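These notes concern the structure reproduced below.
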Number of protein chains: 2
Amino acid sequence: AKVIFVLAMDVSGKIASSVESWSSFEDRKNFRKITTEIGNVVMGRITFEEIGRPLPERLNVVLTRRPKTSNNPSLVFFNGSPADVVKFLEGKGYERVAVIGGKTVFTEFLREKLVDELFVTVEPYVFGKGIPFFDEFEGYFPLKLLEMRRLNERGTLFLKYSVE
Amino acid sequence: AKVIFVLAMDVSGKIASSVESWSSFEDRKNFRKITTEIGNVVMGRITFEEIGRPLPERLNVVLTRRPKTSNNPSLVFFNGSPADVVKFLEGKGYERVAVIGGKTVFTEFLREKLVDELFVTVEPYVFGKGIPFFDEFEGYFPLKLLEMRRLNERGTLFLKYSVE
Ligand SMILES: NC(=O)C1=CN([C@@H]2O[C@H](COP(=O)(O)OP(=O)(O)OC[C@H]3O[C@@H](n4cnc5c(N)ncnc54)[C@H](OP(=O)(O)O)[C@@H]3O)[C@@H](O)[C@H]2O)C=CC1
Ligand SMILES: NC(=O)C1=CN([C@@H]2O[C@H](COP(=O)(O)OP(=O)(O)OC[C@H]3O[C@@H](n4cnc5c(N)ncnc54)[C@H](OP(=O)(O)O)[C@@H]3O)[C@@H](O)[C@H]2O)C=CC1
Ligand SMILES: CN(Cc1cnc2nc(N)nc(N)c2n1)c1ccc(C(=O)N[C@@H](CCC(=O)O)C(=O)O)cc1
Ligand SMILES: CN(Cc1cnc2nc(N)nc(N)c2n1)c1ccc(C(=O)N[C@@H](CCC(=O)O)C(=O)O)cc1
């Protein structure tokens, strides 16, 4: 399956800050549309706790070293490496895997080179402080821009890159 | 005069990395046009050394605490706050000031809220390590997207933002 990263950030590359509601209405609807199409989302435990509940119409895979039994078929607490995660979803018939976050989770998939496309939303802000897209890692990735789209009047931008 | 930031970065927000030749010539020509139109470039001493010499047809203002007299009329070593630099250039009839870089210089101008527009080029890469656009500072800036332009088939993107 191909791995797709889905994230929103400010112009400086941060995925979280203390700025209230900087995430646009448009990015939120675009996010639901994209991830439901893919049919699954892989996230870190901390990101799951912030969302608070499983996202509807999608298989929610939550990474945690303290797996918890689940009563919901669309919620799975998983203890494994990025590679293990991809194998598990592939075994479910998914062609694409949507990794939606946790700086920690983005970092792990990057260190392991498991990323084929980046669906990036750039919100019109500059945050002086915040949580970076990922922690330092050796190497880099050349990209190719597949699509660019303005999502609203203020300038929220949706970019789609393929990893070369 | 209004302060304009001109920078190129990868998708993760870094203005420099160990990767060779990641700067596109299209960005370089676009940079040449914009900065010569503005007529001046304000930069940190390190950036100056890396460029290798005064950029032609532009007043080059090199920020430094250890000032050196200059023979060249279009090269000035300046010691002072970002506010003093603007004052100095305004006194010379400039309406716009082009701050072209150095993580330290961008940080200083941001801390002082002296910035009106951002002329940002996003090169199609993700760097694992590198120098960030700026070091932490208090607050943030909401922006409005004025213009978006693709510079090459690979995906180099030029974005123009207004502050606040
Ligand atoms: N702007 C955006 O688009 C997004 C922003 N975010 C933001 O980023 C922050 C979250 O980032 P971050 O805290 O780094 O990461 P996460 O919070 O998403 O998850 C961290 C945790 O996930 C678990 N985990 C990670 N990797 C593995 C693995 N290989 N195996 C098992 N468990 C694993 C661990 O859980 P345990 O401790 O249980 O063992 C770890 O504590 C939040 O502020 C959130 O708002 C999140 C998504 C998107
Ligand atoms: N991608 C891009 O668009 C750009 C990338 N860069 C990259 O970023 C790096 C440069 O970042 P960084 O080193 O932080 O900064 P700079 O290299 O631009 O400048 C550092 C210097 O500027 C001087 N300086 C800074 N603030 C002041 C002040 N308030 N008053 C007086 N002098 C001051 C100091 O001079 P002194 O010590 O002599 O007194 C210091 O040595 C380089 O690797 C370069 O390649 C640079 C520009 C653009
Ligand atoms: C905090 N968080 C993480 C979050 C937010 N925006 C993002 N935006 C992008 N582009 N990418 C991400 N990974 C991302 N992650 C959240 C919080 C809520 C919902 C959420 O309610 N979900 C609805 C969205 C729908 C709405 O507002 O209709 C969904 O069903 O997908 C998703 C993610
Ligand atoms: C390392 N450096 C800093 C540099 C490079 N690209 C950037 N690109 C952007 N968008 N913004 C910056 N601040 C920036 N800074 C350099 C190195 C050379 C020249 C340079 O030769 N100058 C010619 C360009 C000429 C060409 O290729 O015709 C110029 O007249 O501006 C400029 C900046």
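Chain labels are A, B, C, ... in exactly the order the sequence lines appear. In chain A, numbers come from the PDB entry; the residues present are 1-164, in order. Chain B is numbered as in the PDB entry, which gives 1-164 for the residues shown. Because only heavy atoms are used, hydrogens play no part in the values below, and waters and symmetry mates are left out as well, while side chains stay in. The way this entry was determined, per its header, is X-ray crystallography, 2.1 Å. Each ligand, and each atom within it, is numbered from 1 in the order the structure gives.
- The drug seen at ligand 4 is recorded under the name methotrexate.
- Most heavy-atom contacts to methotrexate (ligand 4) in this structure come from the chain listed in UniProt as Dihydrofolate reductase.
- Every other chain with a heavy atom under 4.0 Å from methotrexate (ligand 4) is named here: B.
- Taking UniProt's list of substrate-binding residues in chain B, a heavy atom lies under 4.0 Å from methotrexate (ligand 4) for B:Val6, B:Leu7, B:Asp27, B:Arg28, B:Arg53, B:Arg58, B:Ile100.
- Within chain B, UniProt domain annotation places most contacts with methotrexate (ligand 4) in dhfr.
- UniProt lists residues of chain B as binding NADP(+); of these, a heavy atom under 4.0 Å from methotrexate (ligand 4) occurs in B:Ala8, B:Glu50.
- In terms of N/O distances under 3.5 Å, methotrexate (ligand 4) is not approached by B:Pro56.
- Contacts between B:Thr121 and methotrexate (ligand 4) below 4.0 angstrom, taking non-hydrogen atoms only, involve the side chain exclusively.
- According to the deposit, the organism of chain B is Thermotoga maritima.
- If you look at B:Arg58 next to methotrexate (ligand 4), the close heavy atoms, those under 4.0 Å, all belong to the side chain.
- Note: an N/O pair closer than 3.5 Å links B:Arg28 and methotrexate (ligand 4) by distance alone.
- Residue contacts with methotrexate (ligand 4) for B:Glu50 involve side-chain atoms from C-beta outward but no N, CA, C or O (heavy atoms, distance under 4.0 Å).
- Distances shorter than 4.0 angstrom do not occur between any heavy atom of B:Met9 and any atom of methotrexate (ligand 4).
- Closest protein heavy atom to atom 21 (O) of methotrexate (ligand 4): B:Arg53 NH1, 3.2 Å.
- Heavy atoms of B:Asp27 found under 4.0 angstrom from methotrexate (ligand 4) belong exclusively to the side chain.
- Not a single heavy atom of B:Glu57 sits less than 4.0 Å from an atom of methotrexate (ligand 4).
- Not a single N or O atom of B:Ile51, backbone or side chain, sits closer than 3.5 Å to an N or O atom of methotrexate (ligand 4).
- At a heavy-atom cut-off of 4.0 Å, the residues contacting methotrexate (ligand 4) are B:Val6, B:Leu7, B:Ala8, B:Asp27, B:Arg28, B:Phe31, B:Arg32, B:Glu50, B:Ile51, B:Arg53, B:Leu55, B:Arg58, B:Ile100, B:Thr121.
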